[PDB]
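Before any comments, here is the structure.
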Amino acid sequence: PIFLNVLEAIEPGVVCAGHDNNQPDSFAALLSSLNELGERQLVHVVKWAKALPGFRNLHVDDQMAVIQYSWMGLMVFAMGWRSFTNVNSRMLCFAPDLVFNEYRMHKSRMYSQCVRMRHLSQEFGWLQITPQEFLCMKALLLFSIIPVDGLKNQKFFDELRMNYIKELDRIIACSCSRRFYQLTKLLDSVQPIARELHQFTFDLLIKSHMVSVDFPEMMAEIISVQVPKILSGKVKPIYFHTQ
Ligand SMILES: C[C@]12CCC(=O)C[C@@H]1CC[C@@H]1[C@@H]2CC[C@]2(C)[C@@H](O)CC[C@@H]12
């Protein structure tokens, strides 16, 4: 069980948003706190990804690219699992110091996207996803979004993605076929949610000065440089099933 030992060992711990819960639940304060959480989580996502089995097999340029394409889905999927585990998906647990209730969902101007994130969180309960299945599915999310014109070394990526699909199947083999259908469907469902949030954050970055929303340095870079490749169709999710 080397592979699972590794995924358990490298799993990031708790990250706080730094949100001042004393201030009013305004759009500006909530989204500025979410952006800071994003910057703080990205540090952990990079360190995690670089530690995954096989990741250093990819070209160095491909290593950064897959992180910068996949972070939104990785972070939403992990938040959905934290929300399930902490509060049975009742609220969205972005961080211990930034839990969205109904009011914050409305004030954030993301109510509909939050509804979809809550549905994803609830699937963890409905499907009785185990921690092992969660860890293997989250690793596969890293290898689920790539440029249409290919990566620098596409073959190395294809081999690695194949290996993570095999590991997900092995975890299931510990019926089997039905479970695999369910888990791949759940993985695909993260992508449309990530696309909605990519569009929202891109639009918010462009108008950020007008609405007093702060974007930290790495977030502003990734959202203006890499996110538009996704929104313009140059970088696309790899779906299991026909959409
Ligand atoms: C990835 C984050 C932050 C980390 C997390 O737990 C999930 C969450 C999903 C919404 C994202 C947010 C980062 C900041 C974004 C991108 C905002 O600009 C708009 C939507 C936010």
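Numbers in chain A come straight from the PDB entry, and the residues shown are 672-845, 852-920, in order. Computed over heavy atoms, backbone and side chain alike; hydrogens, waters and symmetry mates excluded. In each ligand, atom 1 is the first atom listed, and ligand 1 is the first ligand listed.
- The main binding partner of ligand 1 here is, in the terms of UniProt, Androgen receptor.
- Looking at ligand 1, the drug among dihydrotestosterone, fasudil, clomipramine, promazine, tafamidis is dihydrotestosterone.
- Between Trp742 and dihydrotestosterone, a contact under 3.5 Å exists for no N or O pair.
- Contact annotation for atom 8 (C) of dihydrotestosterone: protein present (non-hydrogen atoms, distance under 4.0 Å).
- When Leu705, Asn706, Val686, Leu713 are ranked by how near their heavy atoms come to atom 17 (C) of dihydrotestosterone, first place goes to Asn706.
- Most residues of chain A touching dihydrotestosterone map to the UniProt domain NR LBD.
- UniProt 17beta-hydroxy-5alpha-androstan-3-one-binding residues of chain A with a heavy atom under 4.0 Å from dihydrotestosterone: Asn706, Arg753, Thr878.
- Listed by number with element, the atoms of dihydrotestosterone under 4.0 angstrom from any heavy atom of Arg753 are 6 (O).
- Only the side chain of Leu702 comes within 4.0 Å of dihydrotestosterone, judged by heavy-atom distances.
- For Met781, every heavy-atom contact with dihydrotestosterone shorter than 4.0 Å involves the side chain, none the backbone.
- Distance check on atom 4 (C) of dihydrotestosterone: some protein heavy atom falls below the 4.0 Å cut-off.
- The contact set between dihydrotestosterone and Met896, taken as ligand atoms under 4.0 Å from a residue heavy atom, comprises 13 (C), 14 (C).
- Defined by non-hydrogen atoms within 4.0 Å, the binding site of dihydrotestosterone is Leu702, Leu705, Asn706, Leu708, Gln712, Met743, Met746, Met750, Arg753, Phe765, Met781, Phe877, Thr878, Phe892, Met896.
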Please tabulate protein-ligand N/O pairs under 3.5 Å for dihydrotestosterone, atom names and distances to 0.1 Å.
unit_1	atom_1	unit_2	atom_2	d
dihydrotestosterone	6 (O)	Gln712	NE2	3.4
dihydrotestosterone	6 (O)	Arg753	NH2	3.1
dihydrotestosterone	18 (O)	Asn706	OD1	2.7
dihydrotestosterone	18 (O)	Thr878	OG1	2.7

